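Structure of interest - contains miconazole.
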Amino acid sequence: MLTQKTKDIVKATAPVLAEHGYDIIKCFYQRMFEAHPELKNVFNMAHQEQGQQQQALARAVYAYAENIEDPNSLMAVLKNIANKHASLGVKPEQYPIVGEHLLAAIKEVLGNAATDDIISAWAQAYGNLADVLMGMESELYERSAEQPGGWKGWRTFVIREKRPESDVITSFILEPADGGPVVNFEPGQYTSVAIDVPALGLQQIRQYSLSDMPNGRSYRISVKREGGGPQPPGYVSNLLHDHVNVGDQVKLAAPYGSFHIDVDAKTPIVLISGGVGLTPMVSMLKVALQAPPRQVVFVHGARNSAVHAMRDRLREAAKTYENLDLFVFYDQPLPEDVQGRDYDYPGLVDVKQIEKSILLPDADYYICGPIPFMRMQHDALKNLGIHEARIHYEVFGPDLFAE
Ligand SMILES: Cc1cc2nc3c(=O)[nH]c(=O)nc-3n(C[C@H](O)[C@H](O)[C@H](O)COP(=O)(O)OP(=O)(O)OC[C@H]3O[C@@H](n4cnc5c(N)ncnc54)[C@H](O)[C@@H]3O)c2cc1C
Ligand code: HEM
Ligand SMILES: Clc1ccc(CO[C@@H](Cn2ccnc2)c2ccc(Cl)cc2Cl)c(Cl)c1
């Protein structure tokens, strides 16, 4: 457990790790894969541009520093990471490998700046978070395994159907190779697919949102084909589209993820969408509007009219449910869109503009859309005094730009 002095070090130095985040990450993978090349089968080996990797890390580090004295906020951010790690199959015996190489990378990159006090303080933070995470992941694994139709680790599924939904999105329906039941999931949760990538000579693992509602027998995912032409094609989405056919097998993780409505709560729901389409948002809006009624606000951050399937489904729901309050932002309104009949406000969702409308007692907030959108909205809500534990967000479905 960290003393106040050691928390103080972490706090004063988090911006330092952040500022050097790109170099630290590069050195970390280099050192780790050199000792433990088998971990390339669990980590994502596709290249992501520099800024993106720097930011992700900066963000994790700042999230930790900000909540290092607030147990309830800290646990809220940890459970999100526990869910992802449990989806990936992270094991307790891997924590000492990651901590050794992460510390050594911190020292190497920071060079002189990496004082004895700083390395030791961050080694402590590592040991404390690893303890928390291991216990949380073990709970997840055990709870999944005890559910009817649940399991630990990889379970083999068969593609029962494969249907294009657009020229680039294809829906896959999966049933377990053993023919047994499959455990329920809530809208917003994901599976992971683990598959051998022949071009890499490695397994890769990717998360896919689980569509529709559970039925005890099968799962459905919608997979967007990534890249091609100017864009170098993505490994797993292209592999699913072009080589994974009806009758072929894939390995799935049990459903995980903390982004979902608590069907047992009675408190208000603020859904904030940054461009996600009718599928899969509809399943989640359905859960929000199940009886007994809860106050539901939907904040729809769209382009404009050009696609309006989600705007229309929402307007219809707002006519049946007096407990649904709808707000629309169009960031680039079409010449033909007028403020007041086609949308409410110009630009990206701006929560200060609707404060009184969304700042509801004991609400939970559910943000989805592009990753920078979710982050912007997360931080806006934190600035209004909302606790970390009441803000939820995740990649949700195959098209964060559908509307
Ligand atoms: C919780 C969660 C839920 C998700 N749900 C869905 C879902 O329901 N449906 C869905 O389709 N996806 C979903 N995703 C995205 C999915 O997990 C994969 O990330 C996606 O399928 C792309 O993986 P890939 O292996 O095909 O691409 P990767 O090979 O990992 O590449 C990723 C991107 O990088 C591009 N790229 C190639 N070379 C470079 C380079 N030079 N520099 C920068 N970029 C490059 C690729 O074209 C691709 O666009 C979800 C992700 C998460 C985290
Ligand atoms: C205290 C120690 C650890 C911390 C704080 C930590 C933190 C994080 C964070 C913040 C994410 C991003 C989560 C998200 O995108 O939602 C992540 C993802 C991930 N973690 Fe960890 N983690 C730790 C240990 C481990 C261990 C021991 C493993 C074992 C291999 C591991 C493997 C992964 C993988 C494979 C991902 C997905 C990203 C990718 O594939 O490149 N982590 N973790
Ligand atoms: Cl106490 C503490 C624990 C872990 C870390 C960084 O941990 C690495 C390593 N990692 C990668 C996935 N899971 C862990 C990390 C994590 C998230 C991201 Cl986005 C990139 C990286 Cl390089 C730090 Cl700075 C301090």
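Note that chain A is numbered according to the PDB entry, with residues 1-403 shown in order. We read in the header that X-ray crystallography, 2.0 Å was used to get this structure. Counting convention: from 1, in listed order, for ligands and their atoms alike.
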(request) Locate miconazole in the structure and give every matching ligand or chain. (result) ligand 3
(request) Write down the macromolecule with more contacts to miconazole than any other chain, named per UniProt. (result) Flavohemoprotein
(message) So, at a heavy-atom cut-off of 4.0 Å, what does the binding site of miconazole look like in terms of residues?
(response) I25, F28, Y29, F43, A56, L57, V61, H85, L102, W122, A125, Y126, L129
(message) Checking a contact table here: which protein heavy atom is nearest atom 14 (C) of miconazole, and how many Å away?
(response) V98 CG1, 4.3 Å
(request) Below 4.0 angstrom from a heavy atom of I25, which miconazole atoms are there? Numbered from 1 as shown, please. (result) 20 (C), 21 (C), 22 (Cl)
(request) With heavy atoms of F28 as the reference, note each atom of miconazole found under 4.0 Å away. (result) 9 (C), 22 (Cl)
(request) Filter the UniProt NADP(+)-binding residues of chain A to those with a heavy atom under 4.0 Å from miconazole, and list them. (result) none
(request) Return the UniProt-listed heme b-binding residues of chain A that have heavy atoms within 4.0 Å of miconazole. (result) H85
(message) Okay, next thing: which UniProt active-site residue in chain A is closest to miconazole, and how far, heavy atom to heavy atom, to 1 Å?
(response) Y95, 7 Å
(request) Report the UniProt domain in chain A where most residues contacting miconazole lie. (result) Globin
(request) Please identify which atoms of miconazole are closer than 4.0 Å to at least one heavy atom of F43. (result) 11 (C), 12 (C)
(message) Quick test: of every protein heavy atom, which one is nearest to atom 19 (Cl) of miconazole, and how far off is it to 0.1 Å?
(response) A56 CB, 3.5 Å
(request) Give the atoms of miconazole, by number and element, whose distance to some non-hydrogen atom of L129 is under 4.0 Å. (result) 1 (Cl)
(request) Starting from atom 15 (C) of miconazole, find the nearest protein heavy-atom neighbour and note its residue, name and distance. (result) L57 CD1, 3.9 Å
(request) List the closest protein heavy-atom neighbour of atom 13 (N) of miconazole: residue, atom name, distance to the nearest 0.1 Å. (result) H85 NE2, 4.0 Å
(request) Identify, for atom 1 (Cl) of miconazole, the protein heavy atom at the shortest distance, and state residue, atom and that distance. (result) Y126 N, 3.4 Å
(request) Identify, by atom number and element, the atoms of miconazole in contact range of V61, meaning under 4.0 Å from any of its heavy atoms. (result) 24 (Cl)
(request) Give the atoms of miconazole, by number and element, whose distance to some non-hydrogen atom of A125 is under 4.0 Å. (result) 1 (Cl)
